[PDB]
J.: 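Take this structure, written in structure tokens, and hold onto it; I'll ask about it next.
Throughout, a chain's letter reflects where its sequence line sits, starting with A, and its residues are numbered from 1. When a ligand or atom number is given, it counts from 1 through the structure's own listing order. Computation of the quantities below employed the complete heavy-atom set of this structure, encompassing side-chain atoms and omitting hydrogens, waters and symmetry-equivalent molecules.
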Amino acid sequence: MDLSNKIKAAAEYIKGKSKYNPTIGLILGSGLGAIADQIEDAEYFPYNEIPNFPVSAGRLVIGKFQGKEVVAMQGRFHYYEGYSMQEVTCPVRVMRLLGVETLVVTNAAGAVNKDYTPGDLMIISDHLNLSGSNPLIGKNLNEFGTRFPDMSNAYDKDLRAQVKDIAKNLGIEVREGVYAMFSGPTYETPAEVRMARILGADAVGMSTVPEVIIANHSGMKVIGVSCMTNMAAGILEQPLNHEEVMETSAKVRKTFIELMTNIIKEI
Amino acid sequence: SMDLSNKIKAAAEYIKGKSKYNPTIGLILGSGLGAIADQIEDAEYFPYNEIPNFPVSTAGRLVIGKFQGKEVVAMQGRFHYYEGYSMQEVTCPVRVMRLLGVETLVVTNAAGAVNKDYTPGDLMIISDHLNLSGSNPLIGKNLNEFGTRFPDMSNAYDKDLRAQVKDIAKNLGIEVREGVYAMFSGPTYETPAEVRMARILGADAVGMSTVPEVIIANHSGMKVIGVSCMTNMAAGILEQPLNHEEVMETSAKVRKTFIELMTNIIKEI
Amino acid sequence: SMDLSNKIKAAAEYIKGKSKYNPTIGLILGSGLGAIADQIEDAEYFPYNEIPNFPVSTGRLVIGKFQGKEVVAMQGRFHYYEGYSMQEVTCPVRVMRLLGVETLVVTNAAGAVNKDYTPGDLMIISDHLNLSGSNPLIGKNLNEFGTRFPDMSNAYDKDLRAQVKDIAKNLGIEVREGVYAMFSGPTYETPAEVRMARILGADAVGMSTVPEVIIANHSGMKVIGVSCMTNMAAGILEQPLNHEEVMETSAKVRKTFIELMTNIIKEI
Ligand SMILES: O=c1[nH]cnc2c([C@@H]3N[C@H](CO)[C@@H](O)[C@H]3O)c[nH]c12
Ligand SMILES: O=c1[nH]cnc2c([C@@H]3N[C@H](CO)[C@@H](O)[C@H]3O)c[nH]c12
Ligand SMILES: O=c1[nH]cnc2c([C@@H]3N[C@H](CO)[C@@H](O)[C@H]3O)c[nH]c12
């Protein structure tokens, strides 16, 4: 089965066991899994039961949310754990076949812009791929998109205006800047963070960019919000630590959920 | 590797056994630029799917014959790293052309103009390059019959030959630019942020090719001239999506001037 | 079917059962500096092609006494440009940790991007940039060595770096300090890529060191990096780069380099 058939086999499996035509995809990262656990009349598809899914826990949650039919990944597949870029982004392809037209991606990142504070929410206006790989390398899947997809509106400008307008109505302070993905799993060095600032990055992370590339190629609109869980490694004298990342993510979590619940109602 | 070396020589011996020519000039043409191969005289034709160990495509051909007093072999169609080939698969035809006798390589490509003073249709003499792809064609065991383990890259695009191209274009009235070409892996078009980073790194043009061939060319002992056609302004400069149909149309509108430059270059080389 | 975790265990098991030593300092020498390992006394030799699961060549481990310390030296390292994976390149560091190594001393030869330097200078590495395109920690995390997301704010120990500078001052050895950028290789950089490297904040460009430093820090080891500027980085001068001259410049200051290395190992 070519990668093309393997994607379709996973989609026909879910479609044959689903009452839903989900229109919004959710890749929740910054501890926003609580959003998935509030989906109504949910169907659950764990990854190990879906054919051709990446192996080794997480699950797909499909159901109702603020009048929208959604599908959400609980756990994410990461490039630093050893998965290929094709395995990392396969759930996005299956999402397209389930009917997804708008993808909402959230993550946790380190603030490179010295004007940010941990806890801030940065709408992703653009990204820099600094990992050394590309998920579209290989034979093009013509049933999904063109060989040379455009990336001038990777994070839909009109959707970004909607988030800003929604955040203003709710009184939620929001930032907007360029996200940069490193492969990981090492935290960046102080010199690499200064390099990221020079290249134009406002935040650094280890995800998001692969699925945003595939979602655009598959004909989806993409909206991305990154939660600054820490200052990037070079800016403060304290060492970076993942227990600190989850903690800061948990502090501003409720505001993040409120912002993300309102956009899905209004998309 | 020995397997690669065997398969490279097996491809060249196949071509040599069926060819009348001993070419010294090589050409690598990137799609909307392959029409100059149609002007090679009494040409021989070798489709890639008939040459042993040539990478299978997802139908490009070698064109060998006379051109402006020289004997040339032109790659009508090149293999790209974004299609899934390894770096060694992408560049192994350059090794084949070397065993064919090629001493000077003319690399052409289509690229997006990062320099805001450039215009779609301009021709850029590649003076240097930035490898931003995340791979190197020489990683692995060295092919000792072709070059050294640590090849120098200080004159990758021959300075004397760039000066000869600048004088030929001046003699013909052809405006030519000269700048640095950056290669991304592809097949995505760069984001506006990646284009601004490309300018910060010192790049005047962005493309998805050239760099791997130039590395293997210089490693093999060949001189290289790079002429990149500005088929579009790089992403984010204008308020337009980037489209492969635009790349093809601009390549087609500048073909006449591009043929006249290269035709004279090959004669005076 | 033996996982990476047990392959490293078997390598350490093989060396341990054949060694009376528990070295605390690891030496990845490469700026020539093979004489350092020659001066290891009462030494035990472990050829690479005899340690189980070590990467295949086309080198040896030296363990013994040095300046009051018990050390294990890597005589000849594995490079990413030769085709080894990032895990094959750094596997000896995992083995060195199981042998009890607490501090890693990495030397190399690099091209000087900073125009202040002159060929022959010695630069303490204060930080690095990974421009190779890979990372030796990508894959399943080895829980017995370190954490999933290791911090890299002190990749080259600051207190140790100051001790080198004190030792270099009492010895009268000139010393620079700057950032090391690792390209993949094996090509020498282009003049544009060198200009890019400086814009990125790099003072030297090389083809190694970065993978070992990442794995050493992940395993809980302190790292000292010393780079010898064997040449001006490409484009800085109007002459080509080649390996014969890198080795000539490494040879011209081996004595001075070796005074520094013998003294720091003594005072660590
Ligand atoms: O400063 C950072 N650099 C890189 N990644 C992260 C993250 C994200 N959280 C996780 C590791 O803290 C991981 O998913 C990573 O993408 C938070 N802060 C940073
Ligand atoms: O702006 C650009 N960015 C990247 N590649 C290209 C190209 C080249 N042409 C093809 C894409 O249209 C592809 O082979 C690439 O190398 C033209 N313009 C651009
Ligand atoms: O200017 C340079 N660029 C990249 N590597 C090196 C080296 C080192 N010596 C070897 C290549 O000459 C290799 O180990 C590389 O790490 C010396 N100078 C340079």
J.: Counting heavy-atom pairs under 4.5 Å, which macromolecule has the most such pairs with ligand 3, as named in the PDB entry?
T.: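 The largest contact count goes to Purine nucleoside phosphorylase.
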J.: Name the drug or drug candidate found at ligand 3.
T.: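 It's forodesine.
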J.: Find all other chains that place a heavy atom under 4.0 Å from forodesine (ligand 3).
T.: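 Heavy-atom neighbours of forodesine (ligand 3): B, C.
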J.: Provide, to 0.1 Å, the distance between atom 1 (O) of forodesine (ligand 3) and the closest protein heavy atom, together with that atom's residue and name.
T.: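 Nearest neighbour among protein heavy atoms for atom 1 (O) of forodesine (ligand 3), to 0.1 Å: C:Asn231 ND2, 3.0 Å.
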J.: Considering only protein heavy atoms, which is closest to atom 12 (O) of forodesine (ligand 3), and at what distance to one decimal place?
T.: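 Here the nearest protein heavy atom works out to C:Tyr188 OH, 2.4 Å.
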J.: Show which other ligands and ions come under 4.0 Å from forodesine (ligand 3).
T.: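 Near forodesine (ligand 3): nothing else.
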J.: Could you tell me whether forodesine (ligand 3) has any atom less than 4.0 Å away from a heavy atom of C:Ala233?
T.: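 C:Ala233: no contact with forodesine (ligand 3) (<4.0 Å).
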J.: Near C:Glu189, which atoms of forodesine (ligand 3) are under 4.0 Å from a heavy atom of that residue?
T.: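 The list of qualifying atoms is 1 (O), 2 (C), 3 (N), 4 (C).
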J.: So, regarding C:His79 and forodesine (ligand 3) (criterion: nitrogen or oxygen to nitrogen or oxygen, under 3.5 Å), is there a contact or not?
T.: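 In this structure, C:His79 places no N or O atom under 3.5 Å from an N or O of forodesine (ligand 3).
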J.: Which residue and non-hydrogen atom of the protein lie closest to atom 5 (N) of forodesine (ligand 3), and at what distance in Å?
T.: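 Minimum-distance protein heavy atom for atom 5 (N) of forodesine (ligand 3) reads C:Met207 CE, 3.5 Å.
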J.: Is forodesine (ligand 3) less than 4.0 angstrom away from at least one heavy atom of C:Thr230?
T.: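 Yes, C:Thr230 has heavy atoms under 4.0 Å from forodesine (ligand 3).
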J.: Give me the residue, atom name and distance of the protein heavy atom closest to atom 8 (C) of forodesine (ligand 3).
T.: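 Answer, as residue, atom name and distance: C:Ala109 O, 3.1 Å.
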J.: I'm curious, what organism does the PDB give for chain C?
T.: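 The PDB entry says Clostridium perfringens ATCC 13124.
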J.: Which residues of the other chains approach forodesine (ligand 3) to under 4.0 Å (heavy-atom distance)?
T.: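 Within 4.0 Å on heavy atoms: B:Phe150, C:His79, C:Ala109, C:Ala110, C:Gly111, C:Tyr188, C:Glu189, C:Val205, C:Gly206, C:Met207, C:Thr230, C:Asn231, C:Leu241, C:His243, C:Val246.
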J.: Under 3.5 Å, N/O to N/O: give me all the pairs between forodesine (ligand 3) and the protein, one per line with atom names and distance.
T.:
{"residue": "forodesine (ligand 3)", "atom": "1 (O)", "partner": "C:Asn231", "partner atom": "ND2", "Å": "3.0"}
{"residue": "forodesine (ligand 3)", "atom": "3 (N)", "partner": "C:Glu189", "partner atom": "OE1", "Å": "2.9"}
{"residue": "forodesine (ligand 3)", "atom": "3 (N)", "partner": "C:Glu189", "partner atom": "OE2", "Å": "3.2"}
{"residue": "forodesine (ligand 3)", "atom": "12 (O)", "partner": "C:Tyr188", "partner atom": "OH", "Å": "2.4"}
{"residue": "forodesine (ligand 3)", "atom": "12 (O)", "partner": "C:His243", "partner atom": "ND1", "Å": "3.1"}
{"residue": "forodesine (ligand 3)", "atom": "16 (O)", "partner": "C:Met207", "partner atom": "N", "Å": "3.1"}
{"residue": "forodesine (ligand 3)", "atom": "18 (N)", "partner": "C:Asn231", "partner atom": "OD1", "Å": "3.0"}

